[PDB]
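Opening notes on loracarbef (bound form) bound to Beta-lactamase.
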Amino acid sequence: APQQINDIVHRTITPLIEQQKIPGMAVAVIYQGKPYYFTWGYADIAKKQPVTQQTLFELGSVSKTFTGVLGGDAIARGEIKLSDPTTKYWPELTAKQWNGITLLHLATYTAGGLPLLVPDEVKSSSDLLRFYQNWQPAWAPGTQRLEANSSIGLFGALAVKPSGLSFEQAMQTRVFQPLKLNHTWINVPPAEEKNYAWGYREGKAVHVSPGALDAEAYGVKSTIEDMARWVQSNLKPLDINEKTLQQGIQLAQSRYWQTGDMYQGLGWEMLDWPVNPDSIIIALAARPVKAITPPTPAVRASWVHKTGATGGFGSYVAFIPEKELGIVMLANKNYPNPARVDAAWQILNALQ
Ligand SMILES: *C(=O)[C@@H](NC(=O)[C@H](N)c1ccccc1)[C@H]1CCC(Cl)C(C(=O)O)=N1
């Protein structure tokens, strides 16, 4: 890779790994549309298996970007509408607080305080209906943003209802396959286990535990090769051949709500570029949102990003459409979000 990209990447990631005690890490920088990879340490400390470009890391909430886009694809197909009420696709949702809660609300965490996690005790399809039917909104729809897996996960599940496919088959055939993400999975196949890194939490190797709506909110595992093309796919969607998917990517980067200097998209979050670190550098943060009416089309001078975690993994994706610049950081250690965002910034700002 060009020496500048190489020195910045190393001058930056090295102390990051040393400071955060990161077992293994993969990084991709997309410069003027071409991927450049870097990898350090172990996927499995015990078996001395190193991190390589084909290692699968858990993405955590970064999975939400895939769901936003799958959702955006279903819209472009005319199968769902963001202005539709949630009950249109889950008629059994008769509790009266749902009147007024739309798919847009679910997708953007503005439904009224849906919880950050679907409680662990929710295991069956009846357990889930119960949980949603009994949930008590803290606020009116469209008034505050509370980042939640249970909000965006339901959106993902309902978004694919008209299609007729499982959320997984809709994701595989409508996002993964067209984009040639051949090593990205919701459930890792036995054939691919040899590449599944272990995550680390307190020195113990862990893998994400199953739970309700996990596929739709934090379930996807992937390699930095596939993540790099994912960044590439979102940077220049005009390049994409399948139509509804191209409109889909475009819709996930639309600006629906504004909170501070941040704009909420479908999965992806955006800020105006150029931007300052602290504008982008706490287990719950309820914040008021002003609706963007109508939603602003995807803005090229944005710092489009997404953070994500699991008990054992820390992920981060960030890209600037108008500069053809992007970065992906995959660690098998859930370290602090500010530290990730500073490394990204430190690297991308040094590239223009
Ligand atoms: C997305 O990354 C969120 N975390 C998760 O999805 C975890 N995998 C999870 C899922 C179900 C139960 C427990 C944990 C968000 C929101 C929750 C937290 Cl604490 C978090 C973080 O910054 O470590 N990220």
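Start at 1 with the first residue, then count along the sequence. Order of listing sets the numbers, starting from 1, for every ligand and every atom in it.
- By the 3.5 Å distance cut-off applied to N or O atoms, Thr307 is not counted among the residues near loracarbef (bound form).
- Under a 4.0 Å criterion applied to the non-hydrogen atoms of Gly308, loracarbef (bound form) contributes the atoms 2 (O).
- Of all protein heavy atoms, the one lying nearest to atom 15 (C) of loracarbef (bound form) is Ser61 OG, 3.6 Å.
- Neither the backbone nor the side chain of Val62 comes within 4.0 Å of loracarbef (bound form), counting heavy atoms alone.
- In the deposited model, the covalent adduct of loracarbef (bound form) forms at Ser61 OG.
- Summary of contacts: the protein heavy atom closest to atom 9 (C) of loracarbef (bound form) is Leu117 CD2, 4.0 Å.
- For atom 5 (C) of loracarbef (bound form), the candidate residues are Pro336, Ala309, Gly60; the nearest heavy-atom contact is made by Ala309.
- For atom 19 (Cl) of loracarbef (bound form), the closest non-hydrogen atom of the protein is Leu116 CD2, 4.8 Å.
- The contact set between loracarbef (bound form) and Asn334, taken as ligand atoms under 4.0 Å from a residue heavy atom, comprises 23 (O).
- On a heavy-atom basis, rounded to 1 Å, the UniProt active-site residue of chain A that sits closest to loracarbef (bound form) is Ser61, 1 Å.
- Among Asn149, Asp214, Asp120, the residue whose heavy atom lies nearest to atom 10 (C) of loracarbef (bound form) is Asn149.
- Counting only heavy atoms, the protein gets under 4.0 Å from atom 12 (C) of loracarbef (bound form).
- In terms of protein heavy-atom proximity, atom 22 (O) of loracarbef (bound form) is nearest to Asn337 ND2, 3.8 Å.
- For loracarbef (bound form), the heavy-atom contacts closer than 4.0 Å come from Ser61, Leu116, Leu117, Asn149, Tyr218, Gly308, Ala309, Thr310, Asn334, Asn337.
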Would you mind listing each N/O atom of loracarbef (bound form) next to any protein N/O under 3.5 Å, plus the distance?
residue: loracarbef (bound form); atom: 2 (O); partner: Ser61; partner atom: N; Å: 3.0
residue: loracarbef (bound form); atom: 2 (O); partner: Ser61; partner atom: OG; Å: 2.3
residue: loracarbef (bound form); atom: 2 (O); partner: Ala309; partner atom: N; Å: 2.8
residue: loracarbef (bound form); atom: 2 (O); partner: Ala309; partner atom: O; Å: 3.2
residue: loracarbef (bound form); atom: 6 (O); partner: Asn149; partner atom: ND2; Å: 2.8
residue: loracarbef (bound form); atom: 8 (N); partner: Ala309; partner atom: O; Å: 3.2
residue: loracarbef (bound form); atom: 23 (O); partner: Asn334; partner atom: ND2; Å: 3.4

